[PDB]
Structures are given as structure tokens and as C-alpha cells.
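Caption: efavirenz together with reverse transcriptase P66 subunit, bound form.
Chain letters run A, B, ... following the sequence lines, proteins first and then strands; every chain starts at 1. Whatever order the structure lists them in is the order used to number ligands and atoms, beginning at 1.
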Amino acid sequence: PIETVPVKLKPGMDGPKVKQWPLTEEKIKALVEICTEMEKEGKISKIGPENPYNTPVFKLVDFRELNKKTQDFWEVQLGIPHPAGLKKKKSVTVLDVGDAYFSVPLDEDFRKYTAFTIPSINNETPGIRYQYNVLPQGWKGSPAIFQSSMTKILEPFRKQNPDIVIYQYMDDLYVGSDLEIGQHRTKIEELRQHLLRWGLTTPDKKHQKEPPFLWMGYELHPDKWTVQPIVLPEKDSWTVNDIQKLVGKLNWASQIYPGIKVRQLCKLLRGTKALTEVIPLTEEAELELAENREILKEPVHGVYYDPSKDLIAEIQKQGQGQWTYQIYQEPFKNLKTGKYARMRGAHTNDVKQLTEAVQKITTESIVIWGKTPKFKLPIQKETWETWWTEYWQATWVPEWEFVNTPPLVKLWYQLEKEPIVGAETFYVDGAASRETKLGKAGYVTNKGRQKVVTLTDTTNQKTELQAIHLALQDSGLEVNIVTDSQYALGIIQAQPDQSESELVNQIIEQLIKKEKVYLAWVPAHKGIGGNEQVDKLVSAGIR
Amino acid sequence: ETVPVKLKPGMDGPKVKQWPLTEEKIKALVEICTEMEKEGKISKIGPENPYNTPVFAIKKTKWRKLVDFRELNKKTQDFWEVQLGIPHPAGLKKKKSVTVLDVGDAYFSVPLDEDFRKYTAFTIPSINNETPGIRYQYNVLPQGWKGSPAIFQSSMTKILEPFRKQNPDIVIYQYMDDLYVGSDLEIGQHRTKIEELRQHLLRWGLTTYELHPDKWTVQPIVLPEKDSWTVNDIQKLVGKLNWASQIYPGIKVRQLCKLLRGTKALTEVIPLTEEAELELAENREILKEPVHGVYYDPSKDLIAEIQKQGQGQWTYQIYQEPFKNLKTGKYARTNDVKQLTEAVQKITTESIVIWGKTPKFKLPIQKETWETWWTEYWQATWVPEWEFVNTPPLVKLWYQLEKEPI
RNA sequence: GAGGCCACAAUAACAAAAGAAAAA
DNA sequence: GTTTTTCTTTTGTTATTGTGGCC
Ligand SMILES: O=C1Nc2ccc(Cl)cc2[C@@](C#CC2CC2)(C(F)(F)F)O1
Ligand SMILES: [Ca+2]
Ligand SMILES: [Ca+2]
């Protein structure tokens with residue numbers, strides 16, 4: 001009595017015309033009894049020569065080709081619910097709808113495309129042919145069309161019973177109420193009756209499963225949730241595939257186990273290498289593997305969402321470019337946890353990287369809870385403010401407060417806005433070969449000092465940073481430097497604590513040590529005094 | 001009756017993914033759409049409809065529904081511009097005060113071509129993916145489609161033809177869901193002529209500031225005036241002028257770079273030679289003179305670029321080819337995202353009146369952070385193109401020098 | 001007839017995107 | 001001279017492998 005959904009083929013396609021191979025006499029004997037039953041129950045129907053299509057028997061029938069030819073649908077349960085967005089309940093019930101697909105009829109005109117053949121054993125006489133009258137197992141459209149039917153069926157019952165939450169997922173209905181167990185059990189059977197009016201069957205009270213419920217790898221209790229325990233095998237030798245399996249398990253745990261870290265097990269997987277290639281663990285990896293093992297020995301659990309309390313997220317810098325966070329409504333009861341990998345750019349600043357962790361968590365929180373959290377951040381309120389008012393990019397974090405849990409995040413240095421009187425003025429520059437990769441970088445000063453160095457297998461820009469490296473190394477604690485590379489001026493005014501290049505990092509430490517630095521830029525090849533002397537010296541070798 | 005609309009041959013329908021919404025906006029959107037169903041405007045649709053378009057909830061008092069038809073408008077662009085486009089009145093920018101109010105409800109009573117409704121499909125999401133998502137499609141002309149003005153246009157002139165003979169030195173121009181009406185009247189006389197159309201339009205079922213078009217004046221760059229120059233002060237002025245030469249080729253820096261002879265201390269005071277002081281003053285005169293040699297092309301997209309100039313302040317440029325700015329300006333104040341959204345909206349209004357197109361924006365902001373907060377302050381009924389970029393430091397340093405009005 | 005599909009992750013690849021910059 | 005090659009602070013994609021699941 002369920003009305004069909006009109007379903008069409010992709011524009012300009014015909015149905016599957018795949019040849020059917022022969023089968024075991026034992027296989028042919030088994031299939032004919034399966035189909036003869038399905039035909040009696042009206043799931044399939046015998047067909048004749050009028051039908052030109054066919055699909056091979058394997059799910060009972062392999063619809064790879066029909067699925068390629070079938071229209072697209074709109075996304076169905078695109079993402080999955082996270083347990084931490086479920087609200088607490090006192091009575092839960094799961095009914096698995098049994099004859100799900102068989103209970104929804106297939107669009108009459110579409111049915112001709114689902115034809116299949118049971119061959120005869122001798123294979124000199126043609127076999128028995130059928131087509132589907134109901135949503136076939138493994139047809140691309142069957143899940144979406146069933147869900148459309150199920151949502152329509154559930155509508156009135158939802159209407160007459162607002163306080164009952166029914167979440168639908170695959171063949172299963174998850175039903176939740178704050179009724180007392182007896183009245184809950186009454187409502188469940190009311191639901192079963194309503195569903196049975198449409199031919200959908202579910203387990204009676206004696207056969208319903210008792211909580212906790214396993215679902216999508218979670219373990220759902222009425223008042224808490226958890227994941228099944230995570231065993232990282234202990235092995236002397238690790239292959240590239242082995243490390244893949246660790247990172248995947250570890251990532252899976254990140255949601256409930258606070259402070260998990262993967263970066264240095266990830267760095268091992270960087271080299272392209274056969275899955276069988278044994279890879280020796282670095283010691284940072286040997287270390288952080290251990291720290292993760294201790295984390296997974298503790299028991300953990302998450303609570304559900306209390307729509308009447310504020311959301312709170314707290315983030316801690318867990319190490320080398322890694323971050324970690326926890327989201328709770330009550331001080332020791334976290335809804336979930338998580339991590340952040342970041343490192344989109346080579347030259348990243350912690351302050352910014354934190355802001356990125358905040359933007360990821362803000363988005364995930366809208367998905368799970370429909371609102372944004374409040375933040376606890378290891379960053380002072382004016383260490384934040386000076387950075388962002390001097391940055392070119394706009395941002396916005398609407399509500400956070402300082403939380404004093406080291407390591408704090410702070411700007412390591414800040415460059416001067418005016419020239420330092422009495423500091424030696426250095427003019428810096430470099431130059432390198434377009435083909436031979438030989439380069440030089442050096443400086444001259446208004447006090448008469450000057451120095452050049454030679455570099456190999458480098459580039460113009462790398463040399464230009466070396467030059468600023470020279471001036472800072474060989475100047476006092478107050479210094480003015482003048483360069484022609486906007487490339488090099490930008491990387492330094494980014495204040496990158498972490499950088500891919502080893503050389504960039506060293507400058508950063510040198511800027512900590514100096515306690516006044518004024519860096520300026522002048523355009524190349526304009527004959528500006530100071531720039532012109534050093535351009536001469538450092539372009540000597542090759543120019 | 002219905003206009004037979006179609007898409008070009010090599011064009012599928014829209015299939016955009018819906019950005020997550022907050023619980024509050026989902027509740028508001030559910031309410032709004034059931035009332036629009038109950039009135040025959042939208043219809044629930046099935047899973048067999050594969051197309052989609054984003055829906056949001058913006059602030060334009062009590063909550064309002066905004067559909068982001070950007071991708072669909074690109075997909076019917078030959079329809080509403082070639083087939084039924086609207087000419088632009090060069091005169092509109094010249095009135096002394098131009099006001100604009102919402103002609104939204106006007107589209108809600110015309111039927112939409114049946115063989116076309118399927119593309120208007122949109123989806124109300126649900127928190128934590130707990131319910132399948134409410135899918136509708138449109139039975140009438142949707143606010144925010146560009147095909148909607150082109151169709152109600154044949155009917156729009158006939159609504160406005162009595163007022164256009166009566167007051168024939170006032171210009172009327174409609175972009176999307178808005179009527180731009182331009183007048184040279186006094187402020188008391190502008191406010192009476194507006195109630196004249198608000199009463200005139202309630203006679204066809206249509207319910208319902210910017211004294212600026214003569215106030216949009218491109219300010220000059222203003223170079224620093226100093227009684228003593230240091231080697232520093234001249235070094236930085238040289239780099240800025242050198243870059244600004246891409247915009248003004250008359251700019252010269254040779255007499256200034258001559259002044260910087262030998263590796264001087266950055267603080268040392270250089271007196272400007274009489275040659276160098278002439279160059280600096282020739283430059284000053286180039287920058288006070290209106291820029292020349294730039295002319296609007298209609299076969300090309302406008303581009304708008306905005307620089308976070310300083311706390312509470314923003315610089316912008318409307319251009320079609322690099323360095324040939326058809327407009328530049330300064331918006332000053334709230335947070336960054338709130339000001340940017342208000343700056344994006346002001347520039348788009350300005351840009352409509354002047355050319356009847358909206359520009360493609362280059363915004364200095366990470367994309368995800370924009371997607372999160374822009375509807376929090378958006379008020380307009382259209383949504384421009386936009387792209388996420390970084391700002392070259394030379395670009396902000398240069399446009400910092402525009403003279404702010406008083 | 002060499003399992004599809006979903007979320008998340010890591011790795012590899014194209015970025016011919018875009019932008020800026022150097023150098024010839 | 002305009003078209004090359006280098007980097008990156010903006011966006012995106014197809015493929016694999018892995019974790020948790022399903023049909
Ligand atoms: O909102 C709640 N709260 C809740 C608490 C415990 C359980 Cl075990 C189940 C739920 C429930 C769900 C669900 C999907 C994950 C299947 C239900 F509706 F009850 F099914 O939804
Ligand atoms: Ca150089
Ligand atoms: Ca698996």
C-alpha cells in the first residue's frame with residue numbers, strides 16, 4: 001500500500017545487458033528454490049522474451065551495472081550522528097525492521113531493468129528469467145527510497161507522540177523516551193502496531209535487545225556512551241602497513257581519550273614504500289607510541305548533551321604542532337575530545353594555528369549541537385589582541401577566556417616599528433645562480449664592517465634569508481637590517497615558530513636573543529646606497 | 001500563465017552542498033517553509049530529485065529565508081540577460097538621493113514553469129544528522145533567482161508606467177528584488193515621494209537613506225609632508241612610489257634614490273636637493289590629479305578587493321583590470337567579520353547603482369571562518385561572488401594614504 | 001563477476017586553480 | 001619583450017591505505 005517513487009535511468013542510457021554465466025548443478029538447484037519462494041510471495045515475477053535486459057546472479061543479484069545506469073539521488077544520511085549530540089533518555093528501544101526492502105514496491109516502469117536469469121544445467125536450453133517487483137538488495141536506489149517510505153510512515157506516530165524521539169538508521173529504528181519503563185514498553189508496542197499496518201515487522205518485547213546498544217562502533221547506554229576498547233598490538237618490527245593500522249586506531253580513539261597524538265607515527269609513513277616494507281620506528285615515535293598506550297589503559301566515557309547548559313571547549317598545546325581539546329558542560333564530564341594536525345603552510349605561527357584549531361571546533365560543534373561553544377584557551381588576552389590587530393587576515397572568535405594551563409602560547413619576538421638609534425645599520429642581500437645553484441650572501445654596515453660567504457646548491461631566496469642570518473649573528477643586541485627580498489621580509493614578519501626549513505627556525509632563535517630588531521625593505525636594482533654596495537659584493541661570483 | 005525556461009545543453013542542474021546551520025536558524029527555517037507550503041509556494045519533494053541549492057536564515061527584525069541561487073543563476077545566464085535582460089540607466093548614479101526598498105513579495109504570486117521547478121530544490125538540514133533533512137522545491141518565482149526579474153519584468157513596467165509618465169525626471173531601476181529610485185528632491189520631498197510608491201504598490205500586492213550617489217568621490221593619495229627626512233623616511237617613500245608606478249606611470253623616484261648615496265645610518269637626516277624636492281612635488285601633483293586612461297568595459301567582470309587596513313578601518317578598490325581602479329575608498333566602523341560583511345554589502349550597493357552589476361569580491365579571511373559568521377550580519381537579498389585571498393603588504397601600505405572626508 | 005557504500009583520518013598525486021615574487 | 005621558473009600566507013581534486021561501521 002506504499003506508493004512507489006518514480007525512478008529513472010541516467011539520461012541517454014539503457015539498462016544492463018550483461019551475459020549470465022553457467023553455475024554448479026548444486027548452485028542451480030539452490031537458487032531455483034530461493035526464487036520459487038520469492039515468486040510465490042510476490043517479490044519477483046517470471047518474465048519472457050519481451051525483456052531484453054539481464055544482470056548476473058551473485059545480495060542475490062549483482063547490480064554494479066544497473067547502479068552505474070541508475071539516476072543519482074539526493075544524499076541519504078550523509079553524515080552519521082555523533083553519540084555526543086544525543087540527549088539523555090531513561091528508556092531506549094531498538095526495533096530492526098525485518099522485511100524492510102521487501103515491503104516497499106518498485107516503480108512499475110523501472111522494474112523491467114532488474115531482470116535476471118537462473119540458467120539450466122545443460123546450458124543448451126535457456127533458463128528461467130525473473131524481474132523485481134520490490135526494492136532489490138544492493139540497488140543504488142533501495143536505501144534512499146526505503147528511507148523516504150519509512151519517514152512518511154513514521155510521521156503520524158511522531159505527530160501523536162511528540163515527546164518520543166525516533167531516529168531512523170538503515171533497517172533500524174532507535175526509539176527514546178523519558179517515560180517510565182512500563183509506559184515506554186506500551187508506546188513501543190503501539191509503534192510496532194503502526195508499522196505493521198504497512199507490512200514492516202519488528203521484534204516483540206521478548207526479542208528486543210536490552211541496552212547497551214552497539215552502533216557504528218559506539219556502545220550506547222541510556223546515560224553515557226563509549227567506544228569498544230582499543231588494543232595497539234605490541235610488536236618488535238613494524239611495517240608501513242602496521243603503522244597505517246596504528247594511526248587509524250589511534251585516530252578512532254581521539255574522540256573520547258584526551259591528548260592522543262599521532263604526528264611522529266605519521267612522519268614514518270611519509271616515505272612511499274611497499275606495505276610489506278619493514279620501517280624502523282624513530283624514538284620520538286617510540287616515545288609517543290608509549291604515551292598513547294597509557295592513555296588507552298584508563299577507562300573513559302562520554303555524557304550526552306544537556307540543551308540547558310553552556311558548551312565549553314578547552315584546548316591545550318600537546319606538542320610539536322599538535323593540539324588537543326575537550327568539550328564538556330560540567331567540569332569533569334566531557335561530551336567528547338579531539339585533536340588538530342594543522343600545518344597547512346610551511347611557515348606557521350602558533351597563535352594562528354590555535355585560531356585554526358578554534359575554527360575547526362566551532363564548525364564541528366554546530367554540526368553536533370546546533371550552537372557554538374565557549375572557549376578556554378592557553379593564550380593571554382592581549383597576546384591575542386596585539387597579534388590580530390597587526391595581522392592582514394580578519395578573524396573572529398566570539399567568546400573565550402584565558403586558562404592558565406602551560407605550555408602557554410606567546411609571540412616569541414616582536415620587530416621594531418621605528419629604526420633603532422645607535423644600532424649598527426646593516427644592508428643585506430644575496431644572489432644565486434639560475435643554473436648552477438651557486439650563491440653568495442653578505443652585508444655591509446654604516447660603521448664600515450662587511451662580510452661575504454659562499455653557498456652551494458641553493459637559490460636566490462634561500463641565500464637572501466642567509467644574509468639576514470649573517471647580520472643577526474654578527475650584530476649586537478640592537479640592530480637595523482635592510483633587505484631587498486619581500487619574500488624574505490614576509491617570512492620573518494610572520495613570526496613563524498615552526499617551519500619546514502631548518503634555516504628559518506635558526507633566525508627565529510636569533511631574534512629571541514636580540515632584544516631590538518628593525519627590519520626594512522628597499523626595491524632591488526634601483527641604486528639605493530647601502531643596497532648597492534652589498535648587491536655588488538654578493539652578485540660577484542656569478543651575477 | 002508560465003514562461004517556458006530551460007538550461008543550456010552542456011549544463012546539469014545545481015548540486016551544491018548545504019553548509020551546517022545553527023539550531024536556532026533551523027527552527028526558524030522550518031517555521032518559514034511550512035507557512036510557504038500551506039500557501040502553495042513550495043512543495044515537499046522526494047529522494048528522486050538529485051539537485052540542491054543552499055538555504056540560510058538572515059536577519060532582515062523577524063527571521064527571513066535566503067536562498068543562495070548563485071550556482072543556478074550561472075546556469076540560466078543566457079536566459080535572464082540575453083533573452084530578457086534589463087538595460088542600465090547611466091543617469092541613476094547622478095541623482096542627489098537614491099532610496100531602495102524590498103519588492104520581494106512581488107514574485108510570490110506568479111507560477112514557475114513546471115519543467116523547471118526541479119532545479120529550485122533546497123534542503124533544510126537537521127542537527128547531528130538525526131533526521132533526513134527537509135527537501136522542498138519551488139512552485140512560484142523565487143526571490144533571489146535572476147530569472148525572476150526577467151519574467152515579472154514585462155509585468156513590472158506596467159506597474160510603474162503610471163508613475164513614470166507622472167514624474168518623468170525620476171529614474172526607476174530594479175536589480176534582483178530591489179527597486180532603485182533616484183531623485184534630486186529635498187529630504188522632506190524625497191520622503192513624500194516614497195510613500196507615493198508604497199501606497200501605489202499595495203494596489204498590486206507588494207509590501208515594503210543612501211543620499212550618497214553624488215557623495216561617492218575618489219579621494220587622492222596624500223604623501224607625507226616632513227620638515228626633515230631621514231634615510232629611513234626616504235627609503236620607504238621610494239618603495240611605495242616605485243610600486244604605485246604600476247598605477248600612475250608618471251611617478252619618478254630617481255632624484256630621491258640619488259639622495260641615498262653611500263651606506264648611511266638609517267636615522268641620518270638627508271636634506272632634499274632642489275632636484276629631489278621637485279620630483280617629490282611633481283609626484284604629489286600626479287596623485288591629486290584624477291587617474292586617467294581607465295574606462296569601464298561591459299563585457300568584463302568587475303572585481304572588488306578589500307584590505308584590512310587598520311583597527312576599525314578598511315580600504316577597497318573596484319576594478320576590472322589590475323591597477324585600473326574604477327573606484328577606491330575607505331570604510332570605517334563590531335568585529336572584523338561584522339565590518340567586512342557591512343563593507344561587502346555597501347560596496348555591492350554602490351556597484352549596482354553605478355553599473356548594475358555586482359563585483360566578484362577578494363576577501364582577506366579564511367573561507368571556513370567566513371562561511372560560519374557571514375549570515376550573522378548579512379541583510380541583503382542577493383549574494384555576490386567571492387574568493388579568499390591574501391593581502392600583499394605593499395597594497396595596504398599604498399592605499400592607506402587616501403584622504404578621509406570630514 | 002579484478003565488492004560496493006558511509007564518516008573520519010593518513011599518504012601519494014594534479015594543482016593547468018589563484019596569488020605574489022624573483023630571474024632571465 | 002613577454003614567456004620561463006619559485007615560493008606561498010587562498011581555494012580545490014582523484015587515487016591508495018587505515019580506523020569504526022553497513023548491505
Ligand atoms: O536522543 C537520543 N538519545 C539517546 C540515548 C541513548 C540511546 Cl541508547 C539512544 C538515544 C537515541 C538514538 C540514537 C542513534 C544513534 C541511533 C534514541 F532516539 F533514543 F534512539 O537518541
Ligand atoms: Ca637580490
Ligand atoms: Ca573496516
- Task: Enumerate the ligands or chains that make up efavirenz.
- Result: ligand 1
- Which other chain letters have a heavy atom less than 4.0 Å from efavirenz? A
- Which residues of other chains have a non-hydrogen atom closer than 4.0 Å to efavirenz? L86(A), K87(A), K89(A), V92(A), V165(A), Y167(A), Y174(A), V175(A), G176(A), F213(A), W215(A), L220(A), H221(A), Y304(A)
- Quick check: what organism does the entry name for chain A? Human immunodeficiency virus 1
- Note down any other ligand or ion with an atom under 4.0 Å from efavirenz. none
